[PDB]
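For reference, the structure discussed in these notes is given below.
Residue numbers begin at 1 in each chain, while the letters A, B, ... track the order of the sequences. Every number for a ligand or one of its atoms is a count from 1 in the order of the listing. Recorded method is X-ray crystallography, 2.8 Å.
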Amino acid sequence: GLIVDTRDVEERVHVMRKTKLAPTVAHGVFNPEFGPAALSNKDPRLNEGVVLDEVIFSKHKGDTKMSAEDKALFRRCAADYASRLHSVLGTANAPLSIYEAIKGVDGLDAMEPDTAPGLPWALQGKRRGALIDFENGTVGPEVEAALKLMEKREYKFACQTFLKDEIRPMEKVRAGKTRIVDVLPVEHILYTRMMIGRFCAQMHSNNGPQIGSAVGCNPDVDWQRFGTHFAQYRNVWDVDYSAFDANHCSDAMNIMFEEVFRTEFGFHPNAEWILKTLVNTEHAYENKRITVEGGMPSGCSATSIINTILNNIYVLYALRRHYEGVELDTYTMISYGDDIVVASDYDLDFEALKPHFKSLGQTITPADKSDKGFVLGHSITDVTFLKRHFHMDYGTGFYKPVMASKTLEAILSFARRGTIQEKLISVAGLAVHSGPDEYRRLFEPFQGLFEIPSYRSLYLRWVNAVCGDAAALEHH
RNA sequence: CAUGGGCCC
RNA sequence: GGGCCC
Ligand SMILES: NC(=O)c1ncn([C@@H]2O[C@H](COP(=O)(O)OP(=O)(O)OP(=O)(O)O)[C@@H](O)[C@H]2O)n1
Ligand SMILES: [Mg+2]
């Protein structure tokens, strides 16, 4: 998105952390090319000659405007994927009850309790237990006063820039490539779930290549659904965007909002409203009130759905803008916002799309960048989706998500203070799929020190998840 | 003891 | 309440 150009303000929004993340006993064994991000332009490690606050805003290279015939081409594609979308999800997209928006239907996790509240509830000391009864699902004064307000469209706000205390490859750290999180006022996040909460539920619970979304899925059982499907095709590309989130041009955004969330598909007129408030934003990083047109607010409600709908309409628009007769069945695709796998028989050309894609402000590039350009052949066992490769499992003939040891090792070098035992239980079931030998190497560090799930119990868990009746087949 | 949105104990 | 992927 284009910055008008940031201002001064007298109020000053603290963030600049020091990492809650810390080395582990694994840390010294694995010596990973991975550290906590920078949470301070003062932080030593950091290359010298680096103002951390520069880069955070170097993802705003402008805001591609779109010809009038591209806006029509894009409109069609969005109404088309929208036709598909509501064909599979139905048209029951009535507003959600403040009770659900807080509580959550069957497929919409509740809103989280102890979570930051956005503005200005932190310019005025208050957490989200002070305007909502999380586990009674209950508004209070201003939430309900603003509920009333956005109902009128006479509501307006600002986004609280943050920094992702997270691990990152060492180099990205030194570039000061910290990931931003733009936190929305919690009232907003709530109205949004009312406006489009039943949509997102249905999305979550019909994920699959049919709707091109993997949001809602379980990389751990769903990998089988997905692997067999994608191995039915002669060509499978692993595409990488870049700044995906921030380069959603203003026109692309306003069109999909208009095309996906109309009232003719069951929504309430104000679902376009809450959504379009997301185009031109005000990001308050500290005393800098940075004002931006374009992009998405990474972490603005439904952020992953939106970005997924958008990726889907982009591909189809890039194919539609290069050849004729391209329908949704021309290909197949699954994304999770940024991430995307695509497949096709038609021997399609993806280095011929880069430009058509650059007409929306987006820069695709191959995943295997140590070639040069998009090639044919690649099956679904050369790609990555969500940081997991597709491998088939010896013992079962089933597909399974596998992360590079170097990643797994990264995750296992750093924990928040006294989380190490819990984290490990969690990472145990990721590392299952790396086999018995590596699972073991990967955990030597913590022996006689922490509890380590047996490789065997994690396997039979998995086997029962992927298709329980094969659990029951390792029997008769 | 970051936002979203998912899912895992 | 924790971990991950996005
Ligand atoms: N926590 C959040 O609010 C959140 N997390 C993931 N997302 C959606 O998923 C995308 C992940 O962006 P990345 O960190 O991969 O970077 P990028 O902007 O896509 O590209 P690159 O790393 O190539 O510069 C984002 O761009 C965003 O659309 N939002
Ligand atoms: Mg990828």
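- Here, the main chain in contact with ligand 1 is recorded in the PDB entry as RNA-dependent RNA polymerase.
- This structure shows the drug at ligand 1 to be ribavirin triphosphate.
- Other chains near ribavirin triphosphate (heavy atoms under 4.0 Å), by letter: A, B, C.
- Site of ribavirin triphosphate with heavy atoms closer than 4.0 Å: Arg179(A), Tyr241(A), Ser242(A), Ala243(A), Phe244(A), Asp245(A), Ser298(A), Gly299(A), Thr303(A), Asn307(A), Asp338(A), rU3(B), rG4(B), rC6(C).
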